[PDB]
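Looking at a structure with nirmatrelvir (bound form) today.
Below, chain A is the first sequence line, B the second, and so on; all start at residue 1. Worth knowing before you read on, the calculation uses all heavy atoms, side chains too, and leaves out hydrogens, waters and symmetry mates. We read in the header that X-ray crystallography, 2.0 Å was used to get this structure. Indexing begins at 1, ligand by ligand and atom by atom, following the structure's order.
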Amino acid sequence: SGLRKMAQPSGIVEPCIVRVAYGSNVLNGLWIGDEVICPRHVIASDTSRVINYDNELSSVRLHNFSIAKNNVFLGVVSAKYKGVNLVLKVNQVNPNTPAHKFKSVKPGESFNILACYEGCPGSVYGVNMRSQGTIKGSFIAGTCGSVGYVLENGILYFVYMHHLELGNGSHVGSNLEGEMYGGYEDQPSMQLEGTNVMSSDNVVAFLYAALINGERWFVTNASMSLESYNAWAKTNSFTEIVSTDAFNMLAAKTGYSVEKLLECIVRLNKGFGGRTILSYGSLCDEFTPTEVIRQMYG
Amino acid sequence: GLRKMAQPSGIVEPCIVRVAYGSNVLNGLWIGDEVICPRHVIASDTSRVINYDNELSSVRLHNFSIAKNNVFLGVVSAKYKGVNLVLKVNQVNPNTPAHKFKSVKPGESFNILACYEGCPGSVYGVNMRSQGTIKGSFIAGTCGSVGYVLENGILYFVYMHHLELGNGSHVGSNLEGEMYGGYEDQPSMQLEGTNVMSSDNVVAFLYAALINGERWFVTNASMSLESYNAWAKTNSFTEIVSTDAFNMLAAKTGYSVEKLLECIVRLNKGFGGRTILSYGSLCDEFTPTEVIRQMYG
Ligand SMILES: *C(=N)[C@H](C[C@@H]1CCNC1=O)NC(=O)[C@@H]1[C@@H]2[C@H](CN1C(=O)[C@@H](NC(=O)C(F)(F)F)C(C)(C)C)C2(C)C
Ligand SMILES: *C(=N)[C@H](C[C@@H]1CCNC1=O)NC(=O)[C@@H]1[C@@H]2[C@H](CN1C(=O)[C@@H](NC(=O)C(F)(F)F)C(C)(C)C)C2(C)C
């Protein structure tokens, strides 16, 4: 029993984290094969104002890169841009390169963060992508280049690299192909995050998780049609639920229908009545159906 | 915001092995030429009270199956160290990290590598409660999951999961075989005493909320240490010994401990339908050091 936000083990990722220093900047890079991927603003000469990245690359001095891994230093063969990331060919192949691929995370989907502080892996925790392409990820100075990953079927999927924090605290990064999530720019100009639309699928999983744990104070016999909830959702900043069949395993092991839990969302979105669900005071959309079934049925 | 985080688990992952005895399957910690696991893996009937010493006398060492990826281990001998089975195996763990054994105390945080039938599945942070229990997420086949803490470049093994109480609390032992809270590894109903909340950790939890911009719960009102402790003794909260541990947190936020102590007494009554860091009640799971780490590095 129990439910905790969890991160898949980071052992397979830790050997790929390196310190990348250049000029006045020090951050993290991902050492896979004979490459070191890192945010391209590591070569920015002035991070206090807008950056001309075309000019910064045209004047790059490969000798100024200082990439380190324990007592090892990696020399840079060449440097190019791939989106908002620098691709640095290095003089050594990482002997601990795991079988891996690359992909992008979509809103409402969970993945793991290896928070690294200037080349030194510091912590590991799970996150969930928000509607606007952001995450809440406890990133501070020196943590750019920190890697987000997902483990599945023996393959390591790199899916996120950290870049910046918005004025409202939300955190922004890119996939390893250099595409910033949410369309944000790696420029030190003020940027806005639109309204946060909560994942309806994740909230249903959060309520199914409480029922399985034996917490049943919030459920009633009242139900709500999917079409009615979706109408309420697109008015209250909640995503639409495409099918009740997507929770067929959770409804079958608890005996509770999805339409029953939809009623609970609109009712609980008004307030928890001084009580809590799994210690939370409000609805939580950071747990996916996959992520609940894992914790609780193996 | 604020989230429970785990220290990187790479140094521990190579030590986890699947331990199977008959139809029983759980996890073990492979250190040196030894595999440590909960001793009830050899129990013939985990629904009844177990005569462990007699069960070990009737153990078939060859009935064990211990494996991890491309590693398969054979058992040479078996003994008990407290509630843990210590199996000497015919191969050393080539990646045994330098480490020590110690016990965590109430209010202290540490990391749990959740393992499912030999496969490290997840890692997450936990906090030791007053009655020697923790609130995690353990299910069948997760016994033997190891808890660890990295302090000062030193790896410490501090926990091995064993059972779940009727109220959902989770019980394990240190790596020396001593059960936390004195519970027994027997299928017998046992009760957890009244939980005493860590006042140090709640003050850190409120400091973190202030850092995140959530300051609706604050006021210029304050409460002396002597006054709070007199209140803590009769409301299931620990006493605060000094404000030095928060000197830094107070330096940045500019908020004093005595201000936050008043907030505890007031917020202990209820949050009035409002939230603090997504919580609807005071949280004592984050230590001063934990908050200083996440917020400032
Ligand atoms: C990489 N080490 C940091 C990580 C930051 C530091 C504070 N929290 C984080 O997540 N990334 C940066 O410092 C990037 C970097 C220049 C400025 N920057 C920012 O994150 C800034 N924010 C923005 O520019 C904004 F508001 F538009 F998002 C800062 C004010 C320092 C948070 C560049 C090249 C964008
Ligand atoms: C190890 N794989 C499991 C982990 C359990 C199962 C569900 N959640 C957990 O943390 N441990 C056990 O199965 C231990 C083990 C026998 C019974 N047991 C229990 O945890 C049971 N608890 C009790 O009997 C209680 F409450 F009295 F402590 C169970 C009912 C399955 C939760 C032994 C040897 C104690």
Original post:
From the contacts in this model, which chain binds nirmatrelvir (bound form, ligand 2) most extensively, according to the PDB entry?
Top reply: Peptidase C30
Subject >> Neighbouring chains of nirmatrelvir (bound form, ligand 2), heavy-atom cut-off 4.0 Å >> reply: B
Subject >> Covalent anchor of nirmatrelvir (bound form, ligand 2) >> reply: B:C143 SG
**OP:** Return a yes/no value for B:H162: is any of its N or O atoms, backbone included, closer than 3.5 angstrom to an N or O of nirmatrelvir (bound form, ligand 2)?
**Re:** yes
Subject >> Atoms in nirmatrelvir (bound form, ligand 2) with a heavy atom of B:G141 nearer than 4.0 Å >> reply: 2 (N)
Original post:
Does the N or O separation between A:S1 and nirmatrelvir (bound form, ligand 2) drop below 3.5 Å for any pair?
Top reply: no
Original post:
With a 4.0 Å cut-off on heavy atoms, does B:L26 reach nirmatrelvir (bound form, ligand 2)?
Top reply: no
**OP:** Extract every residue of other chains having a heavy atom under 4.0 Å from nirmatrelvir (bound form, ligand 2).
**Re:** B:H40, B:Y52, B:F138, B:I139, B:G141, B:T142, B:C143, B:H161, B:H162, B:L163, B:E164, B:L165, B:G166, B:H170, B:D185, B:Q186, B:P187, B:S188, B:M189
